[PDB]
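The model below depicts Receptor-interacting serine/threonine-protein kinase 4 holding tozasertib.
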Amino acid sequence: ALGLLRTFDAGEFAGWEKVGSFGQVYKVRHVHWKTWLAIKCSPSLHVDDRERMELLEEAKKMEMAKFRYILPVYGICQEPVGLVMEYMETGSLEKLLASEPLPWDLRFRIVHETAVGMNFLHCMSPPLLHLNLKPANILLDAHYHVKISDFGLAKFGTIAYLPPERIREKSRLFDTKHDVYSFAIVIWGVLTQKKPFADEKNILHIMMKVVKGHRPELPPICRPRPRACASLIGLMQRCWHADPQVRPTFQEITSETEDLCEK
Ligand SMILES: Cc1cc(Nc2cc(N3CCN(C)CC3)nc(Sc3ccc(NC(=O)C4CC4)cc3)n2)[nH]n1
Ligand SMILES: [Cl-]
């Protein structure tokens, strides 16, 4: 796993340029390779042995899940201590959702592609749980194709993506149904181009209500694609069901999201 990863000295990089902010991420040019890469640096003053080993474990999990819809990893830098990855020109889904209204065919393709990447992770032996999926992690290339990132918590404003069973049970064991819930909240963001619970001031009250089956407000059926929109709303609702075992698998999810992209 960690054998094929390279070590980068910072002299190989140039034109450092912020994109993140967690840990500052930079678009860097590799001068010899004549292409761009992304480097996530440490957020601290001194990077001890815990970080170095965590950053390595994060790298190795990315290499383990090498796939079309998963962000590629190249290696670790030591000069500044950072993780060296593929650069994606368009950036996060969060930024894209805030920038302008997106055509529905693209919305459906983003959801499908995200679902296919998540399904890949869950098909691994053993399954790889993402556990941090949100629009800030979902990256888009120059032609708006998805690659999933952020494997730092794999095995703040993130309360909205947290399953209700994680609020009910102190230290429940993580499972595939955690990711399925988060994916539902990702769908809601694609449907509305809004952030979930943006209006609400009482963070705790909403968390308590969520344990009883409270969710982001259902959007209306859209005009341009009312059948597919209705179908996606329904799928979203099953994916955010209060009972984890009623929620669909990503095998079942991908079958359905694929049909939304047909025609
Ligand atoms: C890791 C990574 C990041 C990128 N590319 C980009 C590019 C980008 N921008 C594209 C250009 N516009 C003008 C501004 C936004 N904005 C982000 S915002 C962003 C920052 C970091 C992460 N993910 C991580 O932190 C990875 C390490 C786990 C996702 C999105 N990420 N390629 N690879
Ligand atoms: Cl339709």
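We count residues from 1, following the sequence as given. Quick check of the header: X-ray crystallography, 2.6 Å. One-based numbering, in listed order, for ligands and for the atoms of each.
In the structure shown, the parts corresponding to tozasertib are ligand 1. The residues lying within 4.0 Å of tozasertib (ligand 1), counted on heavy atoms, are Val19, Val25, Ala38, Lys40, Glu58, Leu71, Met85, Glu86, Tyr87, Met88, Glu89, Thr90, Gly91, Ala136, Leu139, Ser149, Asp150. Those atoms of tozasertib (ligand 1) that come under 4.0 Å of a heavy atom in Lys40, given as number and element, are 27 (C). Each of the atoms 29 (C), 30 (C) of tozasertib (ligand 1) lies under 4.0 Å from some heavy atom of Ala136. Atoms of tozasertib (ligand 1) lying under 4.0 Å from any heavy atom of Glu58, numbered from 1 in the order shown and given with element: 27 (C), 28 (C).
Residue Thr90 has no nitrogen or oxygen atom sitting less than 3.5 Å from a nitrogen or oxygen atom of tozasertib (ligand 1), judged on distance alone. Which parts of tozasertib (ligand 1) touch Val25 is read off a 4.0 Å heavy-atom cut-off, strictly below it: atoms 21 (C), 25 (O). For tozasertib (ligand 1) and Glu86, the ligand atoms under 4.0 Å from any heavy atom of the residue are 32 (N), 33 (N). Residues of chain A near tozasertib (ligand 1) cluster mainly in the UniProt domain Protein kinase.
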